[PDB]
Amino acid sequence: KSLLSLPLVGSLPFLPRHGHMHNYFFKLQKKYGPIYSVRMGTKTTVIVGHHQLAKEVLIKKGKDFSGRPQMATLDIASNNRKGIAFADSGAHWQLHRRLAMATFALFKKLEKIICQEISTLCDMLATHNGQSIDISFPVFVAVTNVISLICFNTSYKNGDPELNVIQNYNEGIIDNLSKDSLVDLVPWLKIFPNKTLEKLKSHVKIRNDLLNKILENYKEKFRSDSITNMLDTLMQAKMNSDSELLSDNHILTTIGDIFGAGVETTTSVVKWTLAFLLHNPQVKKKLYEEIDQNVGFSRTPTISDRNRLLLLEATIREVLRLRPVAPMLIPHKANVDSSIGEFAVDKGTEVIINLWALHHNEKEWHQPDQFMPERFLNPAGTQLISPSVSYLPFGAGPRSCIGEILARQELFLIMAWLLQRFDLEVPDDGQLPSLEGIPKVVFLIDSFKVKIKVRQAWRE
Ligand code: HEM
Ligand SMILES: C[C@]12CC[C@H](O)CC1=CC[C@@H]1[C@@H]2CC[C@]2(C)C(c3cccnc3)=CC[C@@H]12
């Protein structure tokens, strides 16, 4: 079993119509195969674009590849590799990941917290009846409150200016955080603001100052006899020790990861989903029929309705396939000498899963470039199915998403409540939203407007 050297690609030329980096590397697989590497100075990066090899990296050898590479921008955002998402493997990451996951067991109620913020969201949108608006902000408020309650048992009231403070440093960090090491090899894709690094520090300081103020004030509120939220879980763990792993700054960075991920991922997917529905009125009408028939207008949707709003479930699965939140996940790193397929991978090598490539494998999916929720239903439309093994929207293995349950609950309920109450149409001017996307740390959609109107079937 002597392993082979990885294919090494010496240069990455400009190629027309290749779009974003994840599609560019995907298309290069036709010439170099499903796994190949590039070198920058002393650092080697391997890109993996087939599900079998990806599952080896993520699952079968998940521990070998559970590291995270060091990057200047990621260092800034994670306060030098604290927190969860950008923390290297080891004792700090394992502890804070375990505690974050333990916190979600205290909400088994999650549906109730979410529905309360969605009702406020719908009330706010109904006030704009007849207008064409960007719904980013209202949705941002609802999911921000959900995660604030999970983290602190606090919620913001409509109009609180802190919501705008958070939205603006969120946008500022995301716009200046580059997680793609290879960008310098494909300079025509390196798109960042003028003074990127200082602007990133500027916005991160704002975030760190606000969270530290919350955490410091929370020391006065914490009691060991009531552990109901994430900061409680972290503070109790410090007391009950490990104690060096739970520094104030470690706790602050972990809270920051959850606070940011809990808002920017789900808000993005909601916007993507609505955009796809504006481009596919046929699907939208079938979603209205499904909800009117299985829920009606007597009551509001609940999580139990996931068993009967099957096309809605399929639509979300299809958005997560076609515009993945993380089309190249978060970069991995080999913690030890290891292997992928028949190839040797040295300790320290950066390993990137091209999830875009998995989600557009023409041999594992039928017409992968088009929005077809029905691929996740049987022919009758009566049961959800998994048509492909090349589908990993939340990752897998040791570094898999820890917010999946929350995300799926938020996405289902938000969409269901919105479809029950509102007609969602293209604006008066013809403008449809661009589906091209903006490949930042989250795969964002260009801002767009939607004509929203209370459905008159919802008259009473
Ligand atoms: C909304 C749809 C979401 C999708 C599709 C998604 C998917 C993903 C993916 C692909 C990764 C990277 C896996 C890897 O590096 O191998 C990830 C990591 C992560 N996600 Fe999500 N996520 C979503 C929402 C959320 C939410 C709502 C939260 C928290 C409330 C969250 C928290 C995290 C964290 C902390 C990590 C890093 C885990 C680690 O590095 O150990 N995500 N997620
Ligand atoms: C930058 C941002 C969002 C902007 C915040 O102000 C800072 C921040 C903290 C954590 C990051 C998050 C973006 C999404 C990240 C990167 C994320 C993530 C990414 C994709 C899927 N699930 C989670 C995990 C940690 C999250």
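Index from 1, following the sequence. Note that ligands are numbered from 1 as they come in the structure, with each ligand's atoms numbered from 1 the same way.
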Enquirer: What drug are we dealing with at ligand 2, do you know?
Expert: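 That would be abiraterone.
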Enquirer: Mind checking something for me? Which chain has more close contacts with abiraterone (ligand 2) than the rest, going by UniProt?
Expert: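 The main partner is Steroid 17-alpha-hydroxylase/17,20 lyase.
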Enquirer: Could you find the nearest protein heavy atom to atom 14 (C) of abiraterone (ligand 2) and give me its residue, atom name and distance?
Expert: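 The protein heavy atom lying closest is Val442 CG2, 3.9 Å.
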Enquirer: Could you find the nearest protein heavy atom to atom 26 (C) of abiraterone (ligand 2) and give me its residue, atom name and distance?
Expert: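 I find the closest protein heavy atom is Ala261 CB, 3.9 Å.
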Enquirer: Pull out every atom of abiraterone (ligand 2) sitting under 4.0 Å from any heavy atom of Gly256, numbered as shown with elements.
Expert: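 So the atoms of abiraterone (ligand 2) that pass are 9 (C).
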Enquirer: At less than 4.0 angstrom from any non-hydrogen atom of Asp257, what atoms of abiraterone (ligand 2) do you find?
Expert: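 Close to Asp257: 10 (C).
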Enquirer: What are the atoms of abiraterone (ligand 2), with element, lying closer than 4.0 Å to any heavy atom of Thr265?
Expert: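 Selected atoms, number and element: 21 (C), 22 (N), 23 (C).
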Enquirer: Which abiraterone (ligand 2) atoms does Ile173 reach within 4.0 Å, using its non-hydrogen atoms?
Expert: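 It comes down to these atoms of abiraterone (ligand 2): 6 (O).
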Enquirer: From the structure as deposited, which residue atom takes part in a covalent bond with abiraterone (ligand 2)?
Expert: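 Covalent bond: none modeled.
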Enquirer: Hey, is abiraterone (ligand 2) close enough to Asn170 that some N/O pair sits below 3.5 Å?
Expert: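 Min N/O separation from abiraterone (ligand 2) is below 3.5 Å for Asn170.
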Enquirer: What protein heavy atom is closest to atom 20 (C) of abiraterone (ligand 2), reported as residue, atom name and distance in Å?
Expert: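 Checking every protein heavy atom, the shortest distance to atom 20 (C) of abiraterone (ligand 2) gives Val325 CG1, 3.9 Å.
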Enquirer: What residue and heavy atom of the protein are closest to atom 2 (C) of abiraterone (ligand 2), and at what distance?
Expert: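 Checked against all protein heavy atoms, atom 2 (C) of abiraterone (ligand 2) sits closest to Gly260 CA, 4.4 Å.
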Enquirer: Below 4.0 angstrom from a heavy atom of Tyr169, which abiraterone (ligand 2) atoms are there? Numbered from 1 as shown, please.
Expert: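 Listed by number with element: 6 (O).
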Enquirer: What protein heavy atom is closest to atom 13 (C) of abiraterone (ligand 2), reported as residue, atom name and distance in Å?
Expert: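 Of the protein heavy atoms, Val441 CG1, 4.0 Å lies nearest.
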Enquirer: For abiraterone (ligand 2), which atoms have a heavy atom of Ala85 less than 4.0 angstrom away?
Expert: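 Within the 4.0 Å cut-off of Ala85, abiraterone (ligand 2) contributes 24 (C), 25 (C).
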Enquirer: Which atoms of abiraterone (ligand 2) are found less than 4.0 Å from any heavy atom of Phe86?
Expert: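 Checking each atom against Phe86, I get 16 (C).
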